[PDB]
Amino acid sequence: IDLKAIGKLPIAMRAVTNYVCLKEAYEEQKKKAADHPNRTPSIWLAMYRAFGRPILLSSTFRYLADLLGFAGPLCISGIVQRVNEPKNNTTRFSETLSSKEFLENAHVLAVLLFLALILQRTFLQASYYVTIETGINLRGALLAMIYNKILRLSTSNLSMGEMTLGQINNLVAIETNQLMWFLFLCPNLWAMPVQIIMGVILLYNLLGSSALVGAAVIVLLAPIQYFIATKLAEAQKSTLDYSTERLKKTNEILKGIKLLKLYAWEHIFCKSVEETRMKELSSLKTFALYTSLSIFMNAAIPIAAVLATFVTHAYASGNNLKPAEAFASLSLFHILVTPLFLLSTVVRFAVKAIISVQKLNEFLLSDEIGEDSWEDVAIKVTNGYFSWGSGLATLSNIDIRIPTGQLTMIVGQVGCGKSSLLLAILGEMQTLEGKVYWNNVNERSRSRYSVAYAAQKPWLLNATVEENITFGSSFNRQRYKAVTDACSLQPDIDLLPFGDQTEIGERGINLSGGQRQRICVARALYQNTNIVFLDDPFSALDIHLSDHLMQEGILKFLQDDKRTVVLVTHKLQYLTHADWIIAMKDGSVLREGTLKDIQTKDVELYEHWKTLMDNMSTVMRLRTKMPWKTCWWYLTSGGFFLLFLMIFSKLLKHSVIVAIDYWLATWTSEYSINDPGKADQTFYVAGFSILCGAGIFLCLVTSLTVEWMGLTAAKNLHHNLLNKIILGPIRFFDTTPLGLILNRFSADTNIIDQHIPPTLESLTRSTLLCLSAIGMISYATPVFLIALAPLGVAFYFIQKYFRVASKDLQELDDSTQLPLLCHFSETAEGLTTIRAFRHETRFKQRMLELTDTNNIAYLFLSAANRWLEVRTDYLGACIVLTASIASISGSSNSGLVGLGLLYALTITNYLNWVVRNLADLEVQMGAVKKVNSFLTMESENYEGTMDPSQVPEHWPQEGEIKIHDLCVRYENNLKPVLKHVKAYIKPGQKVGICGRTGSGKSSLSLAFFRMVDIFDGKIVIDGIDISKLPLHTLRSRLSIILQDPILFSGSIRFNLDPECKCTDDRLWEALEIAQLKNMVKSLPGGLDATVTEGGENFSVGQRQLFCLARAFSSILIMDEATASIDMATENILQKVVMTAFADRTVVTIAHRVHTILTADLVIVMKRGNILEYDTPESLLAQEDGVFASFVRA
Ligand SMILES: COc1ccc(Cl)cc1C(=O)NCCc1ccc(S(=O)(=O)NC(=O)NC2CCCCC2)cc1
Ligand SMILES: Nc1ncnc2c1ncn2[C@@H]1O[C@H](COP(=O)(O)OP(=O)(O)OP(=O)(O)O)[C@@H](O)[C@H]1O
């Protein structure tokens, strides 16, 4: 694969030269515009003179190539002119003459055509290859500048709080890509008239008069596509917004798989979501319509146009048209039509580039100056003003110099200024107004080169945690491991699948806010030249009974070391030696003292405080013809007249166009001067012109056919997913990550909706047209059948090479763009988190490598495409020479040679289209196959003769269930239980019972979750067989509680999705529970209130589902309250007793006394499962019952 092949030109245009050009251009812009500061409000009027890398070579070569190409058809006309044979009556001598008769000879013209074709193709490809190699550089430059102005300026930002991710939202991939594409496409806009005008002049010169009327039609046909563009863009935007709504709803739905997999809300939660898709589907249909129409515009106008000219042929009154006069005219028409689509694309591209550059100028001209205005002491200020950045009059009359090595902490939660003052001390905040002085020596950035900082708003790297803490220094096990073990991350030690080197942070493994603050303080610890600066890091993530432990680890770490260590915390848990304190209240620090010296000043301040206290052979070797069978699956299944109608229609239209050409040949076949006459002018209008309507009609039908098929398949494919995974087995869902499933649901549905149809249409059109042309060229000369056989056949092998080669390069590209954008994700996301960490300049060091490391692969892919195009062009030129030589040797008639040469010139260009479309289809279908293999697989059957049983909510025998006795080793690949634990429970057991870790999880999962070979045996449960309960409805009757009850969506506003028009959820079944009372009884949100992905965001009064409200099932099952307030848990227990009035039986799973302390009826267990029934807890102590529980009792 050779993912990182070579930089091979990092000096040329990677990082250094890009800045060396763009910065100088900016300097020239500012210096010149200084004279007219506001008379002319330009932005990048000097963006022309930005590089010195000329683009004039591109335009010059392009103009030369266009002239040669447009000349070619005149050579075709010459080669057809000499068809008439005027000999046997005059054979001039013309001895030794050179320029006299060198022109009209056929063979010399043919060789001229070959030379011109090769030269034009080569010049064109080389010129815009060079242009692209410059474009890439421009993109690198623009990015380098956006970073230079976003890194060392965007730290002290206060207006940016309106949109904190605006930069990483705009400049990520919408702007730079737009500018790179527009630079690579500019020559078309600059010199497309150089082709249109030239073609018009040639057509007027050789066509005469009957064609201009039929010629100027296409010059207006192109604006039809330019007009369709806007509507297509609007439809795409609407579809994108609907897709965003669908994606958010799907994320919410899929986030509760284990919760909904058995409750009464399994399928229903997707109902509207399904409609959502259908709803969104409607918008997609609208977009498809315009696209299909656009294809008709591109598939009909030429034919139509030429008919017009031939209609105006009746305005010429001539006998007929010389076959050497109109074949070349049609060739010119078929050549002119190419750059018009480029022009139409440029119509939108210019607007996109202008918008992007203006947005970039506005962003990079937004308070970026003044947001960075430039014994180890820094602070001596006599300011008449020290503004909170933009906010003036914030710190008036501030003057303080802080002796080092102190615990300076102005503890205060209200009006403290701890963040404003903390940022303004080290100069990182714009409080420099007035006069500021520093110490007599540093041992001009305001004396802060020895700073050290830790998070106040948490921050985690998008990489390994160990990387997140490496902090740009050495890394050896001794000091790092000692610091880590001072306050060990044991839960993080076991939870990370590869240690601290495993996934961590955003788009990685999650981390808690307490752990986040610990990580921040630890990365503060593993820093050198420690003169640390903190701004109250321990007011929220308080280490319970460990904040003192953390401060003692830090004691032996730095407070027993020679390094200034401070903290600006407000907590009184670690208040020992909290000597330094201030009373700012919108003022500077005017207080400083020892532990009791503050009481000397005797402020009401001290006293008051007390009162408030895998293999390559299985990937590469099987990569050849990768999607074939999957493509057959794609087309066949969901194709409404996929090939019954659309294939036949496409073939009919193509053959009809070929017959139209043959009819054009027939109309002017041989009657040229055999009959000037008056009745021979309109003979063939029923043989040639009468078919013209077919050319404008038949294709139009096919213009929708392919697209229509795709639309149907999309809905069906999407529906299949919902059909497949409406409900599923718990093993896979508890095994695989959620992100991959969400990606398979979203990205692949986008691909199948948007990109497959145009690729298929283009590939089919190219293949069929090339085949038709090959057939014609073989007809006109038998030798052509042999003559066109070998070389292209060899090309076939070469074709196969590309059919893989660039794909792998694309594969490299497919990953190459992942990291670099994340860089622009990180530095900006921490707009202030990386303010003054003494490594700001060092941020460029990695970016300037990444940019080149990616643009190198970009250029490699471009070069591969260029080589493919050149090879196709030369193969076509060879085919043209062969067919032309054969036609001129055979010399049957002018019509045959004209048709052959025109079709060869047509086929010259379609090979690149065919190859590119083949690659696109292969890659797209391979992407489809990733989720098309799991299209409808079913792994949870339901085949039971369970008779109709009423089974109301009544409790038969208090839910007596003892069905496990010496449980066997479980199976069915669903996290089996791998031991033996006989089960024998207490029927009338109200309160919960302590349990061992060995079987606590197994029992918790065993309350309702299915299993085959787990604990089968003698059973007495529920009055119906455990295995014979109906799979249609019985599983809907169960109930569970999540480990830490999280209901992300509303689940209250629309909680009456099943048949409950109870009209009592307001205050009768919920307020009495006293946990839902806060959100219901005394709340104005109402019976229709929702919280976005929150089970604990806005619902703190009842994190668990309201048990009484659901009983406005009958079996209640508990879990492990990981983050529940003990008082609230006791209140919920009182509500549980209120429910027990209707239940009087509850089983729970717990291993700690905090959840198993209130036992009223319990059992005496065996190794983790209940062994016998016994109320007394002391009896359980004598036996093996509660010894592990006794470890706290
Ligand atoms: C100058 O050009 C044209 C001239 C005429 C017409 Cl009517 C269309 C174009 C055109 O289409 N565009 C403008 C400029 C342009 C862009 C790409 C190509 S390319 O050779 O097809 N290369 C790729 O597309 N991708 C590679 C792979 C990695 C990404 C970047 C390069 C060729 C040219
Ligand atoms: N991003 C911001 N938006 C609005 N006001 C701000 C911002 N940053 C600072 N301020 C202002 O600066 C003043 C000083 O804030 P201070 O440092 O006391 O907050 P804090 O004590 O860190 O907050 P917390 O107690 O939650 O940690 C506040 O009155 C606040 O209005």
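The first residue in the sequence is number 1, and the count goes up from there. First listed ligand is number 1; within each ligand, the first listed atom is number 1. The structure shown is a partial extract from the entry, and contact counts are restricted to the extract. What you see below is based on every heavy atom in this structure, not just the backbone, and it leaves out hydrogens, waters and symmetry mates.
The drug that appears at ligand 1 goes by the name glibenclamide. What binds glibenclamide most in this entry is, by the naming of UniProt, ATP-binding cassette sub-family C member 9.
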